[PDB]
Amino acid sequence: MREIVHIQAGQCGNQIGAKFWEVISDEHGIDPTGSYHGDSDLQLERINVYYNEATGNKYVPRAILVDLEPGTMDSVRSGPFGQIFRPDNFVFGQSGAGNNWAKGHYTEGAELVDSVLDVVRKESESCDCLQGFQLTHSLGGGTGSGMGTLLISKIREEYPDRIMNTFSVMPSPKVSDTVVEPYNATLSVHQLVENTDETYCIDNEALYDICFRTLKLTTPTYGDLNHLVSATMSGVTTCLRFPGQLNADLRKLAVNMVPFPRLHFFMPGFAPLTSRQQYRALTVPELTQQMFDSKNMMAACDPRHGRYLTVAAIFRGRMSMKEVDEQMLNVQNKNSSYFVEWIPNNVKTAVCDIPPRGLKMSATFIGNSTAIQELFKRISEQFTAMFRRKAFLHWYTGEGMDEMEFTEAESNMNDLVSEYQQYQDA
Amino acid sequence: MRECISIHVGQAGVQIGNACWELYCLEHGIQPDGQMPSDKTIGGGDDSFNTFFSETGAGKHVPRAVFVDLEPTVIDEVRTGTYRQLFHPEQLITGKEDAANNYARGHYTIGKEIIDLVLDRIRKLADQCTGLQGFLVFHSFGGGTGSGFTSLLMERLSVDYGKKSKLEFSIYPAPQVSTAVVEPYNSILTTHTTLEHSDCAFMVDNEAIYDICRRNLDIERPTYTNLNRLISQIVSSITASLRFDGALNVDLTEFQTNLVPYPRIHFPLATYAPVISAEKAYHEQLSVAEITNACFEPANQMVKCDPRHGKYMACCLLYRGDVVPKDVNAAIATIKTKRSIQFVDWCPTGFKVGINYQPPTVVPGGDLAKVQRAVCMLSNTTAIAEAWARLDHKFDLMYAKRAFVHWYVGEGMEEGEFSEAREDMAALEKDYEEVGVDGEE
Amino acid sequence: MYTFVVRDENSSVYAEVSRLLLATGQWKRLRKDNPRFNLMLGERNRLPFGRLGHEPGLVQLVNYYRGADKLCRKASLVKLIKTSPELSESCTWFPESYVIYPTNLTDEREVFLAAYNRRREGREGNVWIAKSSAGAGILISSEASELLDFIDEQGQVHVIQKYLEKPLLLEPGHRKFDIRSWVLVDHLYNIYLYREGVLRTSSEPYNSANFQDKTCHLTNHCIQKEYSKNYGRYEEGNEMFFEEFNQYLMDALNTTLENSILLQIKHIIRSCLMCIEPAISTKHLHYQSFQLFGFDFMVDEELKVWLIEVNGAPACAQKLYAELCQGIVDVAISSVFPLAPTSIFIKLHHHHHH
Amino acid sequence: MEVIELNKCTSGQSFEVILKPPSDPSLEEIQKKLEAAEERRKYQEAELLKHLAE
Ligand SMILES: C=C/C=C\[C@H](C)[C@H](OC(N)=O)[C@@H](C)[C@H](O)[C@@H](C)C/C(C)=C\[C@H](C)[C@@H](O)[C@@H](C)/C=C\[C@@H](O)C[C@@H]1OC(=O)[C@H](C)[C@@H](O)[C@H]1C
Ligand SMILES: Nc1nc2c(ncn2[C@@H]2O[C@H](COP(=O)(O)OP(=O)(O)OP(=O)(O)O)[C@@H](O)[C@H]2O)c(=O)[nH]1
Ligand SMILES: Nc1ncnc2c1ncn2[C@@H]1O[C@H](COP(=O)(O)OP(=O)(O)CP(=O)(O)O)[C@@H](O)[C@H]1O
Ligand SMILES: Nc1nc2c(ncn2[C@@H]2O[C@H](COP(=O)(O)OP(=O)(O)O)[C@@H](O)[C@H]2O)c(=O)[nH]1
Ligand SMILES: [Ca+2]
Ligand SMILES: [Ca+2]
Ligand SMILES: [Ca+2]
Ligand SMILES: [Mg+2]
Ligand SMILES: [Mg+2]
Ligand SMILES: [Mg+2]
């Protein structure tokens, strides 16, 4: 049993995390009360990766829910699968973090973090063989961003030999709550550069544009964005949750995907993306082409603007593996220039027989592309436009931060951008 | 009679091991419960099959084998499988978390903690042997355990069993079925540290087996199960001489004597024919001349390469089934007049031939058809160096950028071990070239 | 979209082939170190054949046959002919030749002298020629001593060959020549003789009393354009093509190029390539080969054709680049990688029963 | 084409045909290597914990 411990923090983190557990619970045949009602042994074979077994053959998510205000976790608890979570794994304060990284990381978050670590330890202690951790959060707010990265640092201190994986929602001016999001995101990215092994970068503008342009949703909601993210998270974790050879655990995945320690930020993608023709059969060739289509990717970065260091592709459903191999080989052989030539055979493909609910087949894309630098450049530009005038800084210096820490975060992310550029030219 | 101990390391080693022991039981008339009706000496004996099987007082025939893996799920198959009664718990060794496709993790970090347990279990087997010959070691190049723990184990076996022969069966990495981008690193690191500890190694390229299964068994997308059943057939041909009455390759020492005049150059090429589909409704049976001629086709080799552009140091033909010497010599004469077969000047141009009258055994309900006669050719040809060139090129591509190197250094390995290993391979390639080889116009 | 890589920038023939491939709009050129190619236009030396044919989902083709060097090296060709039963030491279209290693290094010195001495005693013509692949470097002499000593002053393998004292001389000019034939062997080992050949002529009158001045003895295009005053006097660039040569043969000797010479050329080409087919064929191999060869012939005054050598990386005559290069694409490349006449080649084949 | 050393038994036979004639680290050292690597992991981990302490 290679247990993963899941953590979800702040508003974004808990809303997406709740949807994620809804989605994979349905895949494993777990109902809202933790009872199993599936019809396939494939569903239970690796169920212990994400679920603990309670008395009465109940399955309980190995999940810790964290926030600095009670509202979103109240909603989670009142939601569809809200009763499936362990009540003691709800850890929350009352004062909130005010969309402020400093409040999350240094003041409000600091008061709460030990109680979170106590629950993390309790979950880790019962693991037969802990793989590591996966955190869901946004980078643009205060709790997920500031307290989330505080958590990651303390977890690394207590579990230095375990893998740390995040699903990190990057802010965009187009789908924005506050003007200080670029401050919060820049502060957090430096934390992630040092303390995660794998980070899936989800850009809210990409999510919005997929909903509006491709799915024809006239007025996308956070709820719509979150179902996209949930479907993607289900796809990217398929290899962890079902029998398989490739990327079957967090460490083997990292060894395959991360050739240089700092360059561990992935662009995920999902297919099919279909507007409400929705009954039309999908072919492997069509899955493959859409999976690699920039329009199906979620970092708002143009892959043709860079090069792939490594790629993992996961196909789900009953389909010809012969055709999958053929189609995957075709994509690499016909656009070979976008794959760095100094990492031979850097595209790995996995197939899982169980498709997502309500689909005959689907495909999920994980790319380690140097084009991700565009995302960090955007954040850096927005950061500097304000910081050059020290605008909105008083929210942070009021929590004890000084300007030098912002200067260092800025330099750190520009270093990261430079590091991507050198391998794009290599 | 002198005993041989088989050691199966990591997923590839273990699963190939389970395929081989299954086939051995079928060949020797041993049931899944270990009983062997044809063995009239209950509870002991020194027959040729006793080289691979010991005997309990209850008449159980138990493989002289240890299975080792750093994660438990593959060996849990063996504990749980058809031949579970064959083995006792002390023969199966598992850790809790694997080497993550990382040679350094397998060799240094985890290997350090499990190596003494493994040697203890091996010692227990050796204490049952009146005259231990040495070891047959099965593993992948590409896995962290298959690469890293095997090289550690091989070093310690040279220390604890200095006079004993060690043969390898090694799975060379193929991207069509591979699970890690770093397998070229692992392959070259393990080859470097194992080189001086191995007397003879049979490399099997997954690419070759994969393509034989697709082409000759009509399997669209071969599984490890398909691959391993074919690999076990070749392994069985190679070890049959140790397990049956005969006068060729009857002990491990003879493998080196017959196939390896140059110690570092200890990688014979295996070629096997015929491979026929069991679903093939109508099959014309192949003659001694036809299966022998097939031994000189790259399409039938365990490693794709071109022996026409290399030189032979030694050649062994191992037949199973309806074959007499007269027909072998007639086939060889013809083949020499048609094929490119150059031996090095300091070796004789000839063939050592073994015939076992019992035709190949096939797993009931398997992919392979029963045939009247089959042959495995073992030739030490410099052409196999093509596989080292391929591997070394991929290694160079990644190492020039230090891609993935931090994973290894992070486990305590020094970066210098990379260049040291690669320098050793460069010399190996040069050795093959010295043995093998002599615009605007 | 098919893909290819270029690894010999110095090749005119394949610069043009590359040019054509791109012009189809259906071929893409990759960086020379990208492994995901359909087609490799390889380097002349140490081409990595061992890395070919291991790319899942890519049929791979290269423009050289591994092992063809046996035919395309001076010393290797001599050895191949003497030791191959299909060719033999009594082969009639190859001049009496010997491999000689400089004494600062088997070696046929004594066998050469014995044959040399026999001629000297029987009043026979005894002019031999020393040459080697390591040249741009040639010595013609009727004295064995000069021949053997000239080779010792060098450090590479050499060939001493009987010099054809009775060449066919073109008129006017009384001049020597050699015939170049271009031959394309595809992946199926079809042997294709390009219909157009070229006569590389000497613009100096042949002189058997002076082998010291080599311009009238060596027909090489480079040598003629450098050391011969009358370059281009009789024909443009000292190149006469088959139409004119045929018209000459009719006019002067009442015969045809096909009858007097080409029959022998085709015989020799097929004999050479069929001899090494088992050694180099890629029929059941994991990658495939084709190669363009340049055969060089001499004709004596009895209209007997002699093979001089085979070139593994030939250039073409300027006027013929476009046609032959298109021919390469059509039969050697598009045959394997079809795109979305009256062939220019003669397929050499013959199945006599006995 | 000479056959030599023909051996026959009930289970088969073997022979040789000639077409033409011719013309370690000690336990101590392994230990030191494994302990040296372990030491380097410890140093790297110690450095990380120092960084996190700061
Ligand atoms: C807006 C499109 C909704 C449905 C489409 C017709 C498609 O459905 C089918 N059956 O083909 C789906 C796959 C779309 O392509 C997806 C982009 C929809 C998507 C994930 C998110 C939208 C943004 C969001 O509004 C959401 C509330 C709408 C529909 C989801 O209930 C669809 C299901 O969600 C899943 O998690 C599984 C993959 C699978 O069961 C899927 C059928
Ligand atoms: N032929 C064959 N190859 C296998 C098998 N299992 C794995 N491989 C190959 O072995 C390589 C991966 O090594 P594994 O043996 O799975 O790794 P391991 O030795 O268990 O090491 P870790 O899992 O890294 O601790 C890849 O090249 C696989 O294609 C098998 O059953 N048969
Ligand atoms: N045995 C021989 N008898 C008469 N002339 C000869 C000869 N060998 C060579 N020659 C002359 O010398 C020239 C060059 O000889 P050779 O072909 O062996 O060397 P090379 O490779 O440098 C020139 P090329 O290959 O382009 O023909 C020939 O064109 C021919 O005219
Ligand atoms: N995709 C998605 N993004 C969200 C959601 N809620 C907030 N965000 C984004 O998250 C950032 C705000 O952080 P939030 O999680 O609300 O702050 P926190 O509660 O302090 O962590 C902004 O970039 C918002 O666009 C959500 O439910 N889904
Ligand atoms: Ca407080
Ligand atoms: Ca017995
Ligand atoms: Ca030894
Ligand atoms: Mg909010
Ligand atoms: Mg394993
Ligand atoms: Mg030449």
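In what follows, chains carry the letters A, B, and so on, assigned in the order in which the sequence lines appear, proteins first and then strands, with residues in each chain numbered from 1. This depiction is restricted to one part of the PDB entry, and every contact reported falls within that part. Method reported for this entry: X-ray crystallography, 1.9 Å. Counting convention: from 1, in listed order, for ligands and their atoms alike. As a basis for the values below, the full set of heavy atoms in this structure was taken, side chains included, without hydrogen atoms, waters or symmetry mates.
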Item to check | Greatest-contact chain for ligand 1, named in the PDB entry | outcome: Tubulin beta-2B chain
Next on the checklist: Okay, next thing: the drug at ligand 1, what is it?
Outcome noted: (+)-discodermolide
Item to check | Other chains, non-hydrogen atoms under 4.0 Å from (+)-discodermolide | outcome: A
Item to check | Residue, atom name and distance, where the atom is the protein heavy atom closest to atom 16 (C) of (+)-discodermolide | outcome: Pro272(A) O, 4.4 Å
Checklist entry - Between the candidates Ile210(A), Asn296(A), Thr274(A), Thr232(A), which shows the shortest non-hydrogen contact distance to atom 15 (O) of (+)-discodermolide? => result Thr274(A)
Checklist entry - What residue and heavy atom of the protein are closest to atom 23 (C) of (+)-discodermolide, and at what distance? => result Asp224(A) O, 3.3 Å
Checklist entry - Under the 4.0 Å line, does any protein heavy atom show up next to atom 20 (C) of (+)-discodermolide? => result yes
Next on the checklist: Suppose we measure from atom 40 (O) of (+)-discodermolide to each protein heavy atom; which comes out shortest, and what is that distance?
Outcome noted: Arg357(A) O, 2.2 Å
Next on the checklist: One residue to check: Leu215(A). Relative to (+)-discodermolide, which of side chain, backbone, both or neither has a non-hydrogen atom less than 4.0 Å away?
Outcome noted: side chain
Next on the checklist: Is atom 30 (C) of (+)-discodermolide touching the protein, meaning some protein heavy atom lies under 4.0 Å away?
Outcome noted: yes
Checklist entry - Who's the nearest protein heavy-atom neighbour of atom 22 (C) of (+)-discodermolide, and how far? => result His227(A) CB, 4.1 Å
Next on the checklist: Quick check, please: with a 4.0 Å heavy-atom cut-off, which UniProt GTP-binding residues in chain A are near (+)-discodermolide?
Outcome noted: none
Checklist entry - Relative to the heavy atoms of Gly358(A), which atoms of (+)-discodermolide are at a distance of less than 4.0 Å? => result 10 (N)
Item to check | Nearest candidate to atom 3 (C) of (+)-discodermolide, where distance is taken over non-hydrogen atoms, out of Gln278(A), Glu22(A), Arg280(A), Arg276(A) | outcome: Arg276(A)
Next on the checklist: Once you restrict to heavy atoms under 4.0 Å, what part of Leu359(A) touches (+)-discodermolide? Side chain, backbone, both or neither.
Outcome noted: side chain
Item to check | (+)-discodermolide binding site (4.0 Å, heavy atoms) | outcome: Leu215(A), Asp224(A), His227(A), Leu228(A), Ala231(A), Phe270(A), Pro272(A), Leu273(A), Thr274(A), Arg276(A), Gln278(A), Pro356(A), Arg357(A), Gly358(A), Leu359(A)
